[PDB]
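For reference, the structure is listed below as structure tokens.
Quick note: numbers on chain A are straight from the PDB entry, i.e. 19-271, in order. Structure method, as recorded: X-ray crystallography, 2.4 Å. Whatever order the structure lists them in is the order used to number ligands and atoms, beginning at 1. Hydrogens, waters and symmetry mates play no part in the numbers below; they use all other heavy atoms, side chains included.
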Amino acid sequence: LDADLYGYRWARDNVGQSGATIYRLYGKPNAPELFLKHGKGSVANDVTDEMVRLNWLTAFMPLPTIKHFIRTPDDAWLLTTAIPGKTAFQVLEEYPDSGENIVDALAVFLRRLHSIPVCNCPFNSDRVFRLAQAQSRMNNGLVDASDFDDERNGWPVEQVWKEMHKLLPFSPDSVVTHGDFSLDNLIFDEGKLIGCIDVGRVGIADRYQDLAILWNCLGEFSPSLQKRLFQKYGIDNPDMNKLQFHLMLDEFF
Ligand SMILES: NC[C@H]1O[C@H](O[C@H]2[C@H](O)[C@@H](O[C@H]3O[C@H](CO)[C@@H](O)[C@H](N)[C@H]3O)[C@H](N)C[C@@H]2N)[C@H](O)[C@@H](O)[C@@H]1O
Ligand SMILES: O=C1c2ccccc2-c2n[nH]c3cccc1c23
């Protein structure tokens, strides 16, 4: 029973997400901050997808703990503990001189996730799977041509779709990925990167799935920081074709 919510103050958080209602639970005497995600209709499946991934990935990485999860035919409710601290973005903005330490911490953390042996992963998040989702979102008109990257702004959804297809085929690579390795999804506390959130897309895919999203986020701070991500991670010459493909695929989500 969800009655383990008494004494909490409620707030509704718009973190620019897709679908799910996120409630922040705070102000309870000597009780931790909690988050409650609610998905209605098809969004119940997205909240269900996150719950399994949190449940599985917690044996390997630092993530929010599942306190309670409820599923009924149209609704999914996900109650978790919060990861204390600030997003990597908020940290980067407040302390520009910590850029290099943050990027290094992000690359080390991403290497840890990518190092989890694939033989442990029950989720498929590969290009073929994601291209199908991208296609259903384009054909349902759910893709927002407003939130596109600068090099693609003003482009109709179908231009991105056709141009992205010219970058294929590409070399086979498979590691355990986050799916949305952005500056808003990595949590910092007292200089250290303490965990990640928004694990709904976790599964086996190409490492550029995570590398491309973070690299792009770093583009709004410095090209030297974007360069250091690949240098700390350990890639000599970043695959720009793979980088562009993953950046274009993220436009449909
Ligand atoms: N639609 C919902 C999704 O919205 C964001 O993802 C979007 C990015 O924001 C866009 O990129 C822009 O914002 C980045 C900072 O995040 C900037 O670095 C970049 N220069 C900008 O062009 C990108 N083109 C599309 C991508 N789907 C959230 O991260 C994600 O959780 C959420 O699911
Ligand atoms: O949305 C969440 C969130 C959602 C579910 C679980 C934990 C978190 C979480 N932990 N720390 C932060 C900082 C900003 C946003 C969020 C967090």
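- Among the options avanafil, iodipamide, kanamycin, the match for ligand 1 is kanamycin.
- Per the PDB entry, the macromolecule in most contact with kanamycin (ligand 1) is Aminoglycoside 3'-phosphotransferase AphA1-IAB.
- Residue contacts with kanamycin (ligand 1): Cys235 is included, with a non-hydrogen atom under 4.0 Å away.
- Nearest protein heavy-atom contact of atom 17 (C) of kanamycin (ligand 1) is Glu238 OE2, 3.3 Å.
- Using a 4.0 Å cutoff on heavy atoms, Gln35 does not count as a contact of kanamycin (ligand 1).
- The PDB records the biological source of chain A as Acinetobacter baumannii.
- Residue contact annotation: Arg219 has a non-hydrogen atom under 4.0 Å from kanamycin (ligand 1).
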